[PDB]
Amino acid sequence: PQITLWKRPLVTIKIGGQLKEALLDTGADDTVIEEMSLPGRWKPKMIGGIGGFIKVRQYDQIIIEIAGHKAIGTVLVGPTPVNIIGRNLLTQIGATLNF
Amino acid sequence: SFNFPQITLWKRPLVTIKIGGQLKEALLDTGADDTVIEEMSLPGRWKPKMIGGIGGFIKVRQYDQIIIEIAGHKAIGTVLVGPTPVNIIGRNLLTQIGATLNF
Ligand SMILES: CC(C)(C)NC(=O)[C@@H]1C[C@@H]2CCCC[C@@H]2CN1C[C@@H](O)[C@H](Cc1ccccc1)NC(=O)[C@H](CC(N)=O)NC(=O)c1ccc2ccccc2n1
Ligand SMILES: [Cl-]
Ligand SMILES: [Cl-]
Ligand code: NA
């Protein structure tokens, strides 16, 4: 529960009944997962980053387990090359940046 | 929430940096391998490189051993310069300033 940043801060998450690897990403506003199905309603969204924008599906009130911590929040699903846990869920597991 | 900007990540972890004598705002970014800054002049030689983010790849200029102050902490390391929408401090420099992620 202290993470060095000598390497990418990857953790195991559980989402939609599936285990995935994801990056703990303080530079991301949003949580973005590679294509998968999630239950309930969704709406389209455009999100941007270094290269431009991608279109994703926004699912609200999704439960996720991050390095064994349960949280709930919005999850975006779409063609990201890496699963990223952004600040909307990092706050829910109590993550902090310290220096 | 808690202070800089902030620790608990309820707001973007933005800080002031100083590079080539100029102050800029930048984001502390554990998800970024590299540090990427908007167009500016830096000394010395550079080499080109393509870096990828969420949307695709951009071309940037790699400058090595650049002096940069990050929220008052001195670092000397590699800076990539190019059309990034936000100035990014990545793990190459977060480790120099002793940043850690805790949960
Ligand atoms: C900076 C660089 C070295 C290229 N690294 C990266 O970009 C890696 C690439 C990885 C593979 C692709 C999937 C994401 C990961 C993590 N990212 C870091 C990652 O932290 C990246 C850094 C960043 C921040 C702001 C603007 C641009 C880029 N964040 C993001 O990609 C998130 C995605 C999101 N919507 O949550 N972007 C934002 O949170 C965000 C915020 C403000 C913005 C203003 C204008 C335009 C775009 C903006 N995007
Ligand atoms: Cl949320
Ligand atoms: Cl470096
Ligand atoms: Na929902």
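To find a chain, count down the sequence lines: A is the first, B the second, and so on, and within it residues start at 1. Read the numbers this way: they start at 1 and go in the same order the structure lists the ligands and their atoms. Any value given below was found using the heavy atoms of this structure, including those in side chains, with hydrogens, waters and symmetry copies removed. Method on record in the header is X-ray crystallography, 1.3 Å.
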Quiz item: What would the PDB entry call the macromolecule that lies against ligand 1 with the most contacts here?
Solution: Protease
Quiz item: What is the identity of the drug or drug candidate at ligand 1?
Solution: saquinavir
Quiz prompt | saquinavir (ligand 1): other chains, heavy-atom cut-off 4.0 Å | solution = A, B
Exercise. Just need the protein heavy atom nearest to atom 41 (C) of saquinavir (ligand 1), so name the residue and atom and give the distance.
Key: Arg12(B) NH2, 3.5 Å
Exercise. Give the source organism of chain A as listed in the PDB entry.
Key: Human immunodeficiency virus type 1
Exercise. Select the closest option to atom 45 (C) of saquinavir (ligand 1) among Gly31(B), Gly51(A), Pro85(B), judged by heavy-atom distance.
Key: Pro85(B)
Quiz item: At under 4.0 Å between heavy atoms, which part of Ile84(A) makes contact with saquinavir (ligand 1): side chain, backbone, both or neither?
Solution: side chain
Quiz item: Closest non-hydrogen protein atom to atom 40 (C) of saquinavir (ligand 1), residue and atom name please, with distance?
Solution: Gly48(A) O, 3.9 Å
Self-check item: Check: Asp25(A) N/O within less than 3.5 Å of saquinavir (ligand 1) N/O
Solution: yes
Quiz item: Nearest to atom 34 (C) of saquinavir (ligand 1), what protein heavy atom do you find, and at what distance?
Solution: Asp30(A) OD2, 3.9 Å
Practice problem: Starting from atom 43 (C) of saquinavir (ligand 1), locate the nearest protein heavy atom and write down its residue, its atom name and how far away it is, to 0.1 Å. | Solution: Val86(B) CG2, 4.2 Å
Quiz item: What residues sit within 4.0 Å of saquinavir (ligand 1), counting only heavy atoms?
Solution: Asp25(A), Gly27(A), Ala28(A), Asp29(A), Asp30(A), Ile47(A), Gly48(A), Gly49(A), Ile50(A), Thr80(A), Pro81(A), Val82(A), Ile84(A), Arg12(B), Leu27(B), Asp29(B), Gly31(B), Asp34(B), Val36(B), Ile51(B), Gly52(B), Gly53(B), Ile54(B), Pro85(B), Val86(B), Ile88(B)
